[PDB]
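Below, a PDB structure including trimethoprim.
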Amino acid sequence: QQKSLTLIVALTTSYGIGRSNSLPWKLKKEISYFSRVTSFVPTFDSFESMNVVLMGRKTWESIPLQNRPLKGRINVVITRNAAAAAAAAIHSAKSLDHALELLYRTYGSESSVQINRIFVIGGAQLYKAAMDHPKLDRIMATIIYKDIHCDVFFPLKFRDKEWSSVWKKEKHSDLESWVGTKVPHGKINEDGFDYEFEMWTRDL
Ligand SMILES: NC(=O)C1=CN([C@@H]2O[C@H](COP(=O)(O)OP(=O)(O)OC[C@H]3O[C@@H](n4cnc5c(N)ncnc54)[C@H](OP(=O)(O)O)[C@@H]3O)[C@@H](O)[C@H]2O)C=CC1
Ligand SMILES: COc1cc(Cc2cnc(N)nc2N)cc(OC)c1OC
């Protein structure tokens, strides 16, 4: 493939991600961080360059009807059906690769709109397919320092010893460089607990 995928997730230290088909916490600076990262397209390329967000159907269903599609990003919803899709615009694909194929077909060299970065934004199930994909090389993880009760977990303990020779946490300086903006270094406290922004990579 051409472009690598980037995964972006918030999780607890016990790898909880979801509870109620929603996020187990209300963290405004986290969502903001999420918005900036998945939307940032280096300045010289902006009139035409858009980032892609690739999220599973349950995650699509979790976004408030008002906030979807996710603004300023090519939204693509992953589903093993074709189905009926509530899209006034809304791409649909049956796999991560089927989505990539649809994006490169649709947003080619002769396109008014061109793809910059592709983000996988959730679904535990879709986070599982991403973690197995060859082009995934980067996780933008928000670490939440509380064992908040979840019913949905991140599928791979990427920050644990067992996966430390594959997955590596990058200096905060390399995080800022990659995201192209300053990012809060160290713990943030919002709604009763600490969280922080990390960046991990695994060599292609
Ligand atoms: N903390 C965080 O950063 C995030 C947390 N979340 C949370 O995660 C939960 C959602 O996770 P989960 O329930 O697994 O759902 P997903 O969002 O992964 O949606 C799963 C559905 O999407 C489709 N799908 C997912 N992966 C694939 C695949 N590889 N191929 C084909 N279709 C696929 C299938 O749709 P179909 O049934 O149509 O076949 C599947 O039924 C919620 O609790 C949500 O709030 C979500 C994003 C981020
Ligand atoms: C934009 O708001 C939301 C974003 C997400 C995805 C998400 C949020 N934060 C991070 N770090 N990663 C993600 N993949 C998940 C959500 O709920 C499941 C949201 O609420 C509507």
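Using the PDB entry numbers, chain A covers 3-206, in order. Every number for a ligand or one of its atoms is a count from 1 in the order of the listing.
To find every copy of trimethoprim, look at ligand 2. Lab note: main contact partner of trimethoprim (ligand 2) (name per the PDB entry) = Dihydrofolate reductase. In terms of UniProt domains, the contact of chain A with trimethoprim (ligand 2) runs mainly through dhfr.
The distance from trimethoprim (ligand 2) to the heavy atoms of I123 drops below 4.0 Å at these ligand atoms: 6 (C), 13 (C), 14 (N). Protein heavy atoms all stay at least 4.0 Å away from atom 5 (C) of trimethoprim (ligand 2). Residue contact check: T144 has heavy atoms under 4.0 Å from atoms 11 (N) of trimethoprim (ligand 2). Of the N or O atoms in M142, none lie within a sub-3.5 Å distance of an N or O in trimethoprim (ligand 2). Entry annotation: chain A, source organism Pneumocystis jirovecii.
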